**Student:** 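Entry of interest: Mitogen-activated protein kinase 14 complexed with PH-797804.
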Amino acid sequence: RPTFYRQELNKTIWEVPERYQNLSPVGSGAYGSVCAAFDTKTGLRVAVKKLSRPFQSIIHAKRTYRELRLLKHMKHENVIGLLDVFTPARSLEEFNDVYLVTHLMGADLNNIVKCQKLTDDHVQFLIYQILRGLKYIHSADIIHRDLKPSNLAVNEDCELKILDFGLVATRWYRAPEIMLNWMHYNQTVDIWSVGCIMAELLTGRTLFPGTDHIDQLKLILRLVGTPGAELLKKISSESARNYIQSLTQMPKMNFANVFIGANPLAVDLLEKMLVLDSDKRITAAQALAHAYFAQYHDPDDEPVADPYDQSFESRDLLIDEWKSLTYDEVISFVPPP
Ligand SMILES: CNC(=O)c1ccc(C)c(-n2c(C)cc(OCc3ccc(F)cc3F)c(Br)c2=O)c1
Ligand SMILES: Fc1ccc(-c2c[nH]nc2-c2ccnc(F)c2)cc1
């Protein structure tokens, strides 16, 4: 076992192996705190995440397991992966803290959209990278569900990775079918979010700044139109249909006019991503092949993920069982060497 050393950072205690030095808090992100650090073994700058109350309840214990499982699975340049996972506990009975370690990126897409206004060329490269990561995640039967600029980490190299998959005001990037509470949504939920993000990078403003679920829907429908007959036929919920069909009908706007000065390829991709009916929305793989990404696209360099066992998601287990499963996964971890 390595030697651990202990310190307090913003009320939080951190017990990490001596290999990680100069810890510096870089913010709380719900369910955990993050420090930047220097990894003496690799020479790399890393982010270390301490999970908050990983075993507080069955929900938390299952969530801790899920995140560790997801992170051990993801091995892709545009998806956050694991350099290390550790606990200061020397046995299962002593196990109550999980630390997760990844390459430090040091910014997010908000930190890039803000005050700086990106060229079409930067937009192509950033969105290419999101789609490249999404192709991979989607190939493992994983849906992000909460893609937004603050979940997209970007380094000084303009290299991007998706954070917080499978687990700043999130509702602005949410697919309309989720605002309506549909339980059978598909992976193109994430493509909607990409469309909202891409629009924001092109225009410098939030495409749909909703104040609540209902206001969000209204803003979406003014751009994309109220549902046509084919989509209306697909809504089971009487309450949902009463509401939608009770709104004043709106036509789909002309995207070429809304995004007036943008690359006409960017506009074309936007309208394929922001299709109301999720069954008609472009997939991540299809989007990568869109002419907008001509300068970046290579099918031989856009890998798919190994099979991911999500069967645990259906299981109703005790806290101690989720805890022991998580311990097993910490101990079996094999670093990228
Ligand atoms: C405030 N300045 C920063 O250094 C700064 C600014 C913005 C961001 C998104 C970040 N930042 C954050 C928060 C988390 C982060 O990774 C979290 C994280 C995920 C998985 C894991 F196994 C270990 C981790 F730790 C990275 Br990687 C990162 O880069 C840092
Ligand atoms: F106002 C609306 C109406 C429908 C959607 C929608 C988009 N894609 N799929 C749906 C959908 C399909 C089946 N049942 C639902 F409830 C929703 C979104 C907003």
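Along the sequence shown, residues are numbered consecutively beginning with 1. As the structure lists them, so they are numbered: ligands from 1, and atoms in each ligand from 1. Quick note: numbers below take in every heavy atom, side chains included, and nothing from hydrogens, waters or symmetry partners. If you check the header, you will see the structure was determined by X-ray crystallography, 2.0 Å.
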**Student:** So, about PH-797804 - where is that in the structure, copies and all?
**Tutor:** ligand 1
**Student:** Which part of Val48 is near PH-797804, with near meaning a heavy atom under 4.0 Å away: side chain, backbone, both or neither?
**Tutor:** backbone
**Student:** State if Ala36 counts as touching PH-797804 under the rule of any non-hydrogen atom under 4.0 Å.
**Tutor:** no
**Student:** Please write down residue, atom name and distance for the protein heavy atom closest to atom 1 (C) of PH-797804.
**Tutor:** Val26 O, 3.9 Å
**Student:** Per UniProt domain annotation, where in chain A do most residues contacting PH-797804 sit?
**Tutor:** Protein kinase
**Student:** Run the numbers for me: atoms of PH-797804, each under 4.0 Å from some heavy atom of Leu82, listed by number.
**Tutor:** 22 (F)
**Student:** If the cut-off is 4.0 Å to any non-hydrogen atom of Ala107, which atoms of PH-797804 fall inside it?
**Tutor:** 6 (C), 7 (C), 8 (C), 9 (C)
**Student:** Closer than 4.0 Å to some heavy atom of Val101 - which atoms of PH-797804 meet that?
**Tutor:** 22 (F)
**Student:** Can you name the atoms of PH-797804, numbered from 1 with element, that are less than 4.0 Å from a heavy atom of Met105?
**Tutor:** 27 (Br), 29 (O)
**Student:** Identify the organism from which chain A comes, per the entry.
**Tutor:** Homo sapiens
**Student:** Using a 4.0 Å cutoff against the non-hydrogen atoms of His103, which atoms of PH-797804 qualify?
**Tutor:** 27 (Br)
**Student:** Which of the listed options, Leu83, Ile80, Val34, holds the heavy atom that is closest to atom 12 (C) of PH-797804?
**Tutor:** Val34
**Student:** I'm comparing PH-797804 with the native ATP site: which UniProt-listed binding residues in chain A have a heavy atom within 4.0 Å of it?
**Tutor:** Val26, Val34, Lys49
**Student:** Got a sec? Which UniProt active-site residue of chain A is nearest to PH-797804, and what's the heavy-atom distance to 1 Å?
**Tutor:** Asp164, 6 Å
**Student:** What residue and heavy atom of the protein are closest to atom 18 (C) of PH-797804, and at what distance?
**Tutor:** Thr102 CG2, 3.8 Å
**Student:** Kindly identify the option in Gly106, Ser33, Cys35 whose heavy atom sits closest to atom 28 (C) of PH-797804.
**Tutor:** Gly106
**Student:** Mark whether atom 25 (F) of PH-797804 lies under 4.0 angstrom from at least one protein heavy atom.
**Tutor:** yes
**Student:** Between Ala47 and PH-797804, find which residue part has any heavy-atom pair under 4.0 Å and reply side chain, backbone, both or neither.
**Tutor:** both
**Student:** Provide the binding site of PH-797804 at 4.0 Å, counting non-hydrogen atoms only.
**Tutor:** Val26, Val34, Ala47, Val48, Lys49, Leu71, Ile80, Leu82, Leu100, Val101, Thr102, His103, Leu104, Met105, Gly106, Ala107
